[PDB]
Amino acid sequence: XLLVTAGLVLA
Amino acid sequence: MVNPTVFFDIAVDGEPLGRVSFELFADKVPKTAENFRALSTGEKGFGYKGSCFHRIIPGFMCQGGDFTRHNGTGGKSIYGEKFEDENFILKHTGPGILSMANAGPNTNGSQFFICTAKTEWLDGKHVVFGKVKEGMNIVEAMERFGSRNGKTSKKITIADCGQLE
């Protein structure tokens, strides 16, 4: 999807 | 008081692109603004100078700040590895918003992203703490090196950074 994470980038 | 202004000089495979400056909303999120300011001057002995934007997705945002691992898994705040979500007063209203990347509630380190569009779905989940003051055209030039999956076709680095005001 459109997230902004640090470590596990999700859909 | 006056909100701090910070700059980054971006390079594309070592070639200088230009300067982006940011106003940090210290009057609304003092602890988050202070963290980004001190990491831009490098005054604690570590920071953003020399680090890259490791994930750029055209139409969404440019993400950086992982100065330890350079891949999205590292970086740390000036307060320790991680710190709390200060508040969510400000929203991701449009291009230019500077916001903290994280891995869930209270996991702020050094990673941040610069929005190139309104991203209202991140409101309440990512702390907005600044905006692009000058150089939005340099952010736009940066998006041309990303992809839908986030990997860049060129290495985009912060060749220099620091505080202006």
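Each chain gets a letter, A, B and so on, in the order the sequences are listed, and its residues count up from 1. Non-standard residues: parent letter or X; surplus atoms excluded from contact counts. Values below: all heavy atoms of this structure, side chains included; hydrogens, waters and symmetry mates excluded.
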Peer 1: What drug do PDB records list at chain A?
Peer 2: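 It is the drug ciclosporin.
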Peer 1: Count heavy-atom pairs within 4.5 Å of ciclosporin for each chain, then name the one with the most as UniProt does.
Peer 2: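 The chief partner is Peptidyl-prolyl cis-trans isomerase A, N-terminally processed.
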Peer 1: Return the UniProt domain name for the region of chain B with most contacts to ciclosporin.
Peer 2: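 In chain B, it is the UniProt domain PPIase cyclophilin-type.
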Peer 1: Provide the organism of origin for chain B from the PDB annotation.
Peer 2: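 According to the deposit, it's Homo sapiens.
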Peer 1: Which residues are in the binding site of ciclosporin, using 4.5 Å as the heavy-atom cut-off?
Peer 2: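 Counting heavy atoms, the site comprises B/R55, B/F60, B/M61, B/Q63, B/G72, B/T73, B/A101, B/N102, B/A103, B/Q111, B/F113, B/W121, B/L122, B/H126.
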Peer 1: Which residues of ciclosporin show a heavy-atom distance under 4.5 Å to chain B?
Peer 2: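 Within 4.5 Å, heavy atom to heavy atom, you get A/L2, A/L3, A/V4, A/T5, A/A6, A/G7, A/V9.
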